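Below is one structure, written out as structure tokens; the observations come after it.
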4 protein chains.
Amino acid sequence: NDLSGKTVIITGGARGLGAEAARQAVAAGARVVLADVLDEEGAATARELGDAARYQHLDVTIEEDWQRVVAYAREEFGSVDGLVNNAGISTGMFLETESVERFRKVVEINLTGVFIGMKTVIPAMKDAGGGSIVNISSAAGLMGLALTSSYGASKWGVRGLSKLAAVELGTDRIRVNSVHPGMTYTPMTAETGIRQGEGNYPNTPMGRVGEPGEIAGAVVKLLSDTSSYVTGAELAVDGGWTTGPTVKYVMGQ
Amino acid sequence: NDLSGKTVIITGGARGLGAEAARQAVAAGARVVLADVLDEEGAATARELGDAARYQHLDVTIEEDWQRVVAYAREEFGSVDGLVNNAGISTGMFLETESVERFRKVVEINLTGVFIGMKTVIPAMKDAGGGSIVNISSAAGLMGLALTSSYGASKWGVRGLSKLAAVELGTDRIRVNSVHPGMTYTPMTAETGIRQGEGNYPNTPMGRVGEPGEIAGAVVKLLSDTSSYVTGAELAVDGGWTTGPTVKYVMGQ
Amino acid sequence: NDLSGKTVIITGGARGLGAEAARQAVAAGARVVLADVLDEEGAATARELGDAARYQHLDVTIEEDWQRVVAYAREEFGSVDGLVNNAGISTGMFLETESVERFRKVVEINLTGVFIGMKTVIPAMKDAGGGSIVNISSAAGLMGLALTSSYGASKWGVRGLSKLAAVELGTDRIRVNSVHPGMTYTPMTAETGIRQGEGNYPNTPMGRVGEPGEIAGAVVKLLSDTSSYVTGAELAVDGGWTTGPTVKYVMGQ
Amino acid sequence: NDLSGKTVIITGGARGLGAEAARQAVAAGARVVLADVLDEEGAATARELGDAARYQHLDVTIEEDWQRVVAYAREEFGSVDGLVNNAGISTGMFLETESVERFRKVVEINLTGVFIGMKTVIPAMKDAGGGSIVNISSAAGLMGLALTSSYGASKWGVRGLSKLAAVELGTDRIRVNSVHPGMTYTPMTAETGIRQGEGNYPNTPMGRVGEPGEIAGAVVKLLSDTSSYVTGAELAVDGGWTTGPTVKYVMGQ
Ligand SMILES: CC1(C)[C@@H](OC(=O)CCC(=O)O)CC[C@]2(C)[C@H]3C(=O)C=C4[C@@H]5C[C@@](C)(C(=O)O)CC[C@]5(C)CC[C@@]4(C)[C@]3(C)CC[C@@H]12
Ligand SMILES: CC1(C)[C@@H](OC(=O)CCC(=O)O)CC[C@]2(C)[C@H]3C(=O)C=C4[C@@H]5C[C@@](C)(C(=O)O)CC[C@]5(C)CC[C@@]4(C)[C@]3(C)CC[C@@H]12
Ligand SMILES: CC1(C)[C@@H](OC(=O)CCC(=O)O)CC[C@]2(C)[C@H]3C(=O)C=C4[C@@H]5C[C@@](C)(C(=O)O)CC[C@]5(C)CC[C@@]4(C)[C@]3(C)CC[C@@H]12
Ligand SMILES: CC1(C)[C@@H](OC(=O)CCC(=O)O)CC[C@]2(C)[C@H]3C(=O)C=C4[C@@H]5C[C@@](C)(C(=O)O)CC[C@]5(C)CC[C@@]4(C)[C@]3(C)CC[C@@H]12
């Protein structure tokens with residue numbers, strides 16, 4: 001079992017993967033503080049989850065926004081036990097063609113938003129007695145994914161920040177691990193023409209693209225005390241994408 | 001949470017981490033076959049797990065043995081959906097010190113013996129339509145652990161066999177992943193001088209050693225369908241021993 | 001041996017290992033372009049290395065400072081074949097301590113800084129028939145290193161960027177790799193209490209720290225044509241520091 | 001730099017990688033000792049390098065063979081400085097397909113073989129006051145390579161034996177590093193239908209198969225004092241095979 005009688009703040013929780021993550025966690029008996037910069041939906045989402053949700057606005061790149069939400073969650077539910085740095089943005093383009101400003105923007109949200117997320121929540125956690133900080137990274141943060149430039153650098157930096165942090169916080173019973181989903185089906189990626197459904201994606205050994213229910217079960221698992229001895233680790237959720245080239249690619253075509 | 005309402009053979013399951021994943025998974029709703037070389041212990045252990053547990057003598061390096069336990073599982077139970085490869089033997093000495101004969105024996109039980117398990121059981125899983133192989137590797141398989149010689153090489157072989165098999169079985173619904181515990185508290189390790197408790201093992205970030213219950217949960221999670229997209233992955237359950245040096249170390253002792 | 005009778009610009013070139021890499025690249029016939037921000041000391045050095053080198057002021061974070069340095073070399077030796085992105089600043093503090101402002105500051109100098117160099121110098125290398133990008137990183141980008149926060153974070157970022165740039169640039173004859181030097185005895189490091197010599201640094205299997213000359217050789221080897229088939233690679237140059245814990249640590253002291 | 005004045009025993013030196021590294025090593029002043037099971041071809045190859053080469057018939061799985069050649073090296077030459085474990089056979093068949101006899105056989109040459117090699121030479125090197133052991137692994141040791149069954153499980157095992165040894169021996173001045181070749185143009189790989197040349201392998205970022213002079217050079221560099229601080233490392237000479245998938249593969253196509 002991966003149950004939860006605690007409170008957790010999930011970022012980028014209005015739509016996408018954060019929405020699912022939150023859906024399952026509340027299902028898991030936890031109370032959730034969704035946080036996004038897209039109100040309309042965060043409002044609805046929490047409005048769907050029920051009495052165990054509460055949506056807050058949160059511009060992940062701002063420590064003020066950050067401290068505000070932390071307090072509010074300590075204030076409302078009485079504790080901050082888990083975090084889910086899930087907010088960020090994609091970069092699909094040939095590095096030579098990327099602008100130094102967009103670059104500065106993806107890293108900012110992807111990389112710093114995460115750090116500002118962690119050092120803020122650490123005190124509320126030393127308070128609880130411990131915490132679980134699941135940073136949602138990517139398959140791209142595990143191998144050199146071409147065409148992800150700024151997205152690539154950031155996601156690899158989230159991977160290292162979660163490790164050093166894991167080392168420093170250990171004695172505090174504060175775990176820090178990264179999750180790395182691969183090509184997962186959602187409306188952002190939907191605009192990428194990703195053939196959803198079994199066997200519809202041939203460049204992953206599993207032959208198919210993952211769905212969010214899949215990546216979310218991983219987060220929750222770590223959020224729980226099931227994994228009371230897991231810290232500074234990386235869990236890829238990509239149907240083998242990252243393990244090695246599939247057969248066809250190895251055969252030479 | 002994770003539900004394993006299916007069939008699983010556990011290698012080395014009569015004591016320690018094996019028996020632990022035995023009892024825990026049964027609780028999870030699975031039907032377990034304790035395959036092990038200790039008849040007396042495996043008998044007692046299975047005896048106490050109810051009509052959900054069976055004991056069958058198994059020498060991991062004997063292929064005849066394998067085809068029996070696999071056939072009995074499928075006959076007696078109806079099929080085989082998961083295999084937890086937990087059997088092996090440790091090494092604690094400087095490489096130049098190890099006899100080539102010891103070296104081969106260990107690498108035989110640890111690496112070759114999991115190969116038979118995978119090569120054998122595969123046809124039982126393609127049948128049922130899929131399943132999960134969970135190879136119990138080690139912290140000695142994620143970084144170079146000194147003094148482990150044959151066990152180091154052994155376990156790294158498992159991290160690798162695990163991966164290649166996943167890229168191969170990907171599209172047959174057969175899932176394979178490695179599980180890498182760090183200093184866990186087992187009889188084999190109690191002898192060593194290891195002691196459980198907060199602050200009892202400085203040289204690992206969480207300051208202590210894990211118990212088997214914390215490792216099994218990583219296991220049940222992979223066996224369960226909840227991880228239906230985690231293939232060719234490697235999860236460490238070592239309180240950060242493996243993630244990077246300890247603070248004290250990064251500076252100086 | 002490793003020959004490089006070609007031209008390369010060296011970022012952070014005025015001092016320490018950026019100065020040693022230049023001292024070496026020149027010895028091997030390189031037309032070296034030292035580019036730092038210490039105009040006064042960078043002129044002393046390029047002066048010292050003779051008529052094989054020039055000095056340019058390069059603020060790594062400014063897109064034009066970058067285009068001018070390239071344009072200077074370009075219209076100076078013929079082309080741009082190699083590039084060593086060595087400029088950066090360190091971080092010695094727990095994450096909870098680093099301000100989000102210092103965080104942005106360091107990351108801007110370490111990550112983006114090297115990115116601006118990659119896309120700026122690229123067209124120069126295309127018109128040169130290809131070449132090699134050598135991104136200096138460190139043990140901090142190879143494992144979770146405590147007390148580095150932003151430096152650990154950007155260093156992992158320069159690792160993941162090298163690789164993605166590698167797969168994208170392969171066909172135009174551009175090789176991208178990251179060197180990963182461990183505790184080396186440079187200017188900034190002598191102030192810590194770091195003593196050079198054998199026996200002096202017990203927490204690395206070699207029991208010593210590295211003089212910059214040993215780190216330089218990797219730069220050059222990767223800059224020469226002797227490594228024509230090396231791309232997306234990562235070479236640790238730390239005396240074993242990131243391979244695994246010291247035997248003493250493994251046994252608990 | 002890349003100039004030897006030391007004596008090095010290369011294994012599998014009758015033909016291929018061993019043959020190339022032999023030339024170059026000798027070309028950099030190394031007195032080399034070729035070891036092979038091909039008594040006819042190596043004696044030929046040796047006659048080529050001159051009076052700085054020497055052939056011996058060695059069976060890697062025979063410790064007695066090992067103790068003999070190592071004795072001979074220190075007899076004709078007086079010391080043993082390097083070792084290049086290049087012996088080992090391949091595999092290219094699915095897991096379930098391969099026998100338990102062949103597996104135990106490829107493992108024993110590829111893995112146990114390097115083990116005796118390492119265990120027999122270490123003393124000859126302490127006597128010498130230092131040495132460099134280069135174990136030749138493979139891109140199959142770096143990722144889960146499909147159809148490489150037993151060959152994978154040993155290549156991954158050599159990578160791990162290299163690291164734990166590097167640490168056990170560091171303060172002794174003996175470096176252990178693994179090299180990782182990707183699709184390299186040798187006879188059988190050519191007899192695999194591998195069309196040599198630029199652009200002839202679309203499934204590797206560099207778009208081609210490597211040449212042996214290209215893997216030889218990296219072995220040469222790691223064998224010298226030009227990497228005195230390189231221990232516990234792993235270098236990959238694979239044209240980007242390992243960094244990550246082809247742009248084409250990321251787009252799918
Ligand atoms: C890891 C996931 C699956 C994704 O995954 C998550 O689940 C997000 C959660 C999160 O962000 O935390 C976030 C971004 C992403 C890294 C993604 C991206 O960035 C942009 C593109 C581009 C689209 C396209 C068609 C074009 O250029 O038009 C072709 C080129 C290119 C580069 C390849 C295909 C994708 C779709 C690419 C690389 C596939 C992998 C992908
Ligand atoms: C892999 C783990 C962490 C452990 O792993 C698990 O618990 C999980 C997986 C599994 O159970 O296989 C199983 C035991 C073990 C292989 C272990 C062992 O055996 C014996 C010794 C020796 C004990 C002792 C007292 C001596 O013998 O002199 C002192 C010297 C010496 C050499 C120190 C190092 C250890 C402690 C050594 C090699 C470290 C790694 C260790
Ligand atoms: C990455 C390397 C190995 C180093 O790397 C190199 O030498 C090669 C690569 C490169 O040059 O970048 C560059 C500097 C450095 C980042 C380094 C640093 O900055 C300052 C300190 C501090 C010194 C001191 C006295 C204090 O300040 O309080 C005591 C506390 C503290 C926090 C302990 C650890 C180190 C030594 C710390 C963070 C460890 C990692 C270290
Ligand atoms: C590790 C390297 C890259 C190689 O490495 C080197 O080139 C030397 C350097 C080193 O030592 O790694 C040694 C051979 C090998 C492991 C190799 C092999 O064994 C046989 C085949 C077969 C060729 C072919 C056409 C068939 O004939 O059926 C189709 C099916 C099949 C199974 C797949 C592709 C390869 C070519 C396969 C598995 C790809 C990986 C390959």
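All chains are named by letter (A, B, ...) in the order of the sequence lines, taking the proteins before the strands, and each is independently numbered beginning at 1. Whatever order the structure lists them in is the order used to number ligands and atoms, beginning at 1. Per deposition record, X-ray crystallography, 2.2 Å.
Drug identified at ligand 1: carbenoxolone. Going by contact count, the macromolecule most engaged with carbenoxolone (ligand 1) is what the PDB entry calls 3-alpha, 20 beta-hydroxysteroid dehydrogenase. Chains with a heavy atom under 4.0 Å from carbenoxolone (ligand 1): A, D.
For carbenoxolone (ligand 1), the heavy-atom contacts closer than 4.0 Å come from A/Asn86, A/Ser90, A/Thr91, A/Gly92, A/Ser138, A/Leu147, A/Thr148, A/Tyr151, A/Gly182, A/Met183, A/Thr184, A/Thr192, A/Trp241, D/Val250. Closest to atom 19 (O) of carbenoxolone (ligand 1) among all protein heavy atoms lies A/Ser90 CB, 3.2 Å. Considering only non-hydrogen protein atoms, atom 31 (C) of carbenoxolone (ligand 1) sits nearest to A/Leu147 CD1, 4.1 Å.
The presence of a protein heavy atom under 4.0 Å from atom 28 (O) of carbenoxolone (ligand 1) is ruled out.
Within a 4.0 Å radius of atom 17 (C) of carbenoxolone (ligand 1), the protein contributes no non-hydrogen atoms. The A/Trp241 neighbourhood of carbenoxolone (ligand 1) comprises atoms 40 (C), with distances under 4.0 Å to a heavy atom of that residue. In chain A, carbenoxolone (ligand 1) lies within 4.0 Å of these UniProt substrate-binding residues, judged by heavy atoms: A/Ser138. The A/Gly182 neighbourhood of carbenoxolone (ligand 1) comprises atoms 3 (C), with distances under 4.0 Å to a heavy atom of that residue. Interface of A/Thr91 with carbenoxolone (ligand 1), defined as ligand atoms under 4.0 Å from a residue heavy atom, comprises 19 (O). Given atom 33 (C) of carbenoxolone (ligand 1), the protein heavy atom at minimum distance is D/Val250 CG1, 3.8 Å. For atom 10 (C) of carbenoxolone (ligand 1), a protein heavy-atom neighbour is found at a distance under 4.0 Å. Here the heavy atom of the protein found nearest to atom 3 (C) of carbenoxolone (ligand 1) is A/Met183 CA, 3.3 Å. The shortest heavy-atom distance from carbenoxolone (ligand 1) to a UniProt active-site residue of chain A, with that residue, is A/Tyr151, 3 Å.
Below 4.0 Å from some heavy atom of A/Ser138 lie the following atoms of carbenoxolone (ligand 1), by number and element: 1 (C). Considering backbone and side-chain atoms alike, A/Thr192 places every N or O at 3.5 Å or more from each N or O of carbenoxolone (ligand 1). Atoms of carbenoxolone (ligand 1) found under 4.0 Å from any heavy atom of A/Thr148 (numbered from 1 in listed order, with element): 16 (C), 38 (C). Within the 4.0 angstrom cut-off, atom 36 (C) of carbenoxolone (ligand 1) has one or more protein heavy-atom neighbours. For atom 20 (C) of carbenoxolone (ligand 1), the nearest non-hydrogen atom of the protein is A/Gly92 CA, 3.7 Å. Of the protein's non-hydrogen atoms, A/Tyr151 CE2, 4.1 Å is the one closest to atom 15 (C) of carbenoxolone (ligand 1).
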